[PDB]
Visitor: 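Please see the structure below; I have some questions.
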Amino acid sequence: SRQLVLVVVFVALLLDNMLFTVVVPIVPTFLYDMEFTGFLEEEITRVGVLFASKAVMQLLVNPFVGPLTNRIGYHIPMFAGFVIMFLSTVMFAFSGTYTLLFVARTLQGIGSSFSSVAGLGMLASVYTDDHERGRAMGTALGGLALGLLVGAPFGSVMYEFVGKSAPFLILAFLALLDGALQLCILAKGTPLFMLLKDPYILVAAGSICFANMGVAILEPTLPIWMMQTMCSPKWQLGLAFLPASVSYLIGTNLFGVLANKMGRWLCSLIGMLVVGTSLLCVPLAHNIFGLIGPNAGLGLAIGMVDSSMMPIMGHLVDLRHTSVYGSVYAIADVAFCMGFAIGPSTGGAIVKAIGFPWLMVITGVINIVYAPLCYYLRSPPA
Amino acid sequence: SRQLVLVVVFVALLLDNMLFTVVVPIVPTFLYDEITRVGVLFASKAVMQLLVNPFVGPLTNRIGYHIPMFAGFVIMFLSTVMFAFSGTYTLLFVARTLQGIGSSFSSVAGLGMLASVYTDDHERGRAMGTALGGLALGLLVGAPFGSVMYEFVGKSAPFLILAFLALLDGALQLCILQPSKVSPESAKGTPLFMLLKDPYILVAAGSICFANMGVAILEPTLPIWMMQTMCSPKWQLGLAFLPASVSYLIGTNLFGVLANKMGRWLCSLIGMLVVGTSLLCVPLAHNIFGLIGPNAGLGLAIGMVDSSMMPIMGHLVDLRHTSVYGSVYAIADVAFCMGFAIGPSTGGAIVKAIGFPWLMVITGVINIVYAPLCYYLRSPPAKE
Ligand SMILES: COC(=O)[C@H]1[C@H]2C[C@@H]3c4[nH]c5cc(OC)ccc5c4CCN3C[C@H]2C[C@@H](OC(=O)c2cc(OC)c(OC)c(OC)c2)[C@@H]1OC
Ligand SMILES: NCCc1c[nH]cn1
């Protein structure tokens, strides 16, 4: 049946993004709880590397998944992803040491890569009508956005209420439901390593990566800054990230509707500028109510950048080279993985050497400087 | 009495910038009865006003603000009467230079007087905004006045009317300010070269100078590109830059109101970014109607930057140094005059060398890259 595959891909992507969003409120609070005041400055570098682990492992593992799907079909690598995410979910709840969380994040990265590639390939293979295929991708990405929306308040809110191991056991039980649903189941062109050889696609990917880095580096160091300065309760740390998702969804909807009238490159330029301004204004708030504005602006900005830059990548891939159903997926996935691997990993050294606001100033200046480079993309030729 | 001091600066900036923009309709049509020689006349006011400014700033410390303002009145009246009668190239140069020196005197003295009378930062954030609004109104209404008077009632009429308005302004100034005695300011202000070692003053001056240079480089090179590219009639050249003036006026009053509430540094940052984006999107239009948007954005953002950076100089000089406001506003007028002088003299050479779109791209990129540096003015450290 054509449907069930849509539901299983939905649940897999939702659970993966939920795990990514839920890991952020809990790990620094877990490190605070074990010792007992901040010993965090020694921790900051240690807390980071752990977050960039999944990005680096997914980047390493992504090229190998290509021919593996061709050799042994699509159903087999999907089953491996569910098992690996189940192992990671079980390991997260029962882990007590820092070393276990590292292997948990690495396993989550491997499972995420396998599940995403296999699920998108299976969704492409099941739908052959040539028109409902786009609707399938739209529903799947909407489910991913819904998982992003739901994940952050989940772990932070239901950590101090029903204990620590609960939000990972719930994810494990949800993953088991995904396995049962998927258990009862049943044109090559221009590879990615040559697609990154033209300046237009490189500028587009760089713009996406530099827009995403502002929220990439916010995860490891924002909760620690909150407990160090603002003196907020432990259940508001994940609640503070709701604007970054709600504004992102509102922006992507409105700007996917509206960006074609006034120009895509203008949308991307304005988006990078507002990312820079929001990241500059983030470390000025002295309470949780001060993070509502800059976070919402940053989410709206990232929505503007993504919704204005994905069609540009698609048009550039179509006009010059040959394109497939998911050529844009690989190019954008390299951007997100590159950002999540470089930003959080290098941010620990910056936070240790110099203060927190200097990292935000650096990110804002980098975004504002890279913003004028989107003029290159207006009317590309060849 | 502090409300009448703002009326004097409003009238002084209204008539002084009236004679600046009234003249560009009438000069190149009279001399025809070669483009470079006509352009150098337009840069005469800015070239000499820059040099007079360093000698005018510290002079306000010793004799007060009334005497320089009366001198600017007398010089502007002499300039307009010299304009109304002379009819040669050599006699249309000294008059422009006199207009420049009078504008320098009036601007520096008026800004210093407004800063001294209005002490509160929040309350000082509106008087300078309304003064810049008066400047915007003068720049807006000068050109059509000169065009219609030259078309209908000869050439001497628009300058004679300006002379009569100048006499009215002088009578008003003698009535309100009493420029008849020399009053020395008690506080000995900091020397001017010491102020240039201040990073925050330099950043504010750089922001004002870059924004005004970006706006000023557009007027002398825009009509040439219009004729070269879209083949427009002559009558739309003046009307193309009208939205810039209107948006500048609306922005200057509205954001003089809103800068204190929303923040000076955020206002300067957003204004410089908007100026950069507008300058970047200017050279893409293919018809007259496509320039309505970018020009309006440029005017709004330039009003943003001017209204934000006017009170910041006084706030810095009050926070870190002694309380005398002549020198830093002389610096701001120097930035304005440098921006207005660099453009008209070299615009044709730059466009013939690299081209109009590259010039617009460079200006927008410079503004965007400098825009991060306004974060430094959020909270300067105070003096010991
Ligand atoms: C985390 O997991 C992700 O990495 C996703 C998000 C990354 C980032 C983010 N992380 C947060 C973590 C938080 O916790 C505290 C709070 C807020 C945020 C935000 C707000 C801002 N934000 C954007 C999120 C978007 C997701 O990507 C897509 O939706 C997408 C869209 C497409 O087009 C429609 C694609 O092409 C078809 C595509 O494939 C290449 C992917 C992206 O990858 C799956
Ligand atoms: N400070 C006013 C600069 C300007 C704007 N428009 C024309 N000139």
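Chain letters correspond, in order, to the sequence lines: A, then B, then on. The residues of chain A that appear here are 19-54, 129-278, 288-483 by the PDB entry count, in order. All residue numbers given for chain B refer to the PDB entry; the residues shown span 19-51, 135-485 in order. Just so it is clear, the values below take in all heavy atoms, side chains as well, and ignore hydrogens, waters and symmetry mates. Every number for a ligand or one of its atoms is a count from 1 in the order of the listing.
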Visitor: Choose from clorobiocin, rifabutin, reserpine, lapatinib the drug or drug candidate located at ligand 1.
Guide: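 Of those, reserpine.
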Visitor: Under the nomenclature of the PDB entry, which macromolecule has the greatest contact count with reserpine (ligand 1)?
Guide: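 The chain with more contacts than any other is Chromaffin granule amine transporter.
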Visitor: What are the letters of the other chains having a heavy atom under 4.0 Å from reserpine (ligand 1)?
Guide: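 By letter, the heavy-atom neighbours are A.
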Visitor: Please list, by UniProt number from the N terminus, the transmembrane segments of chain A that put a heavy atom under 4.0 Å from reserpine (ligand 1).
Guide: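 By UniProt's count, heavy atoms that close sit in segments 1, 5, 7, 8, 10, 11.
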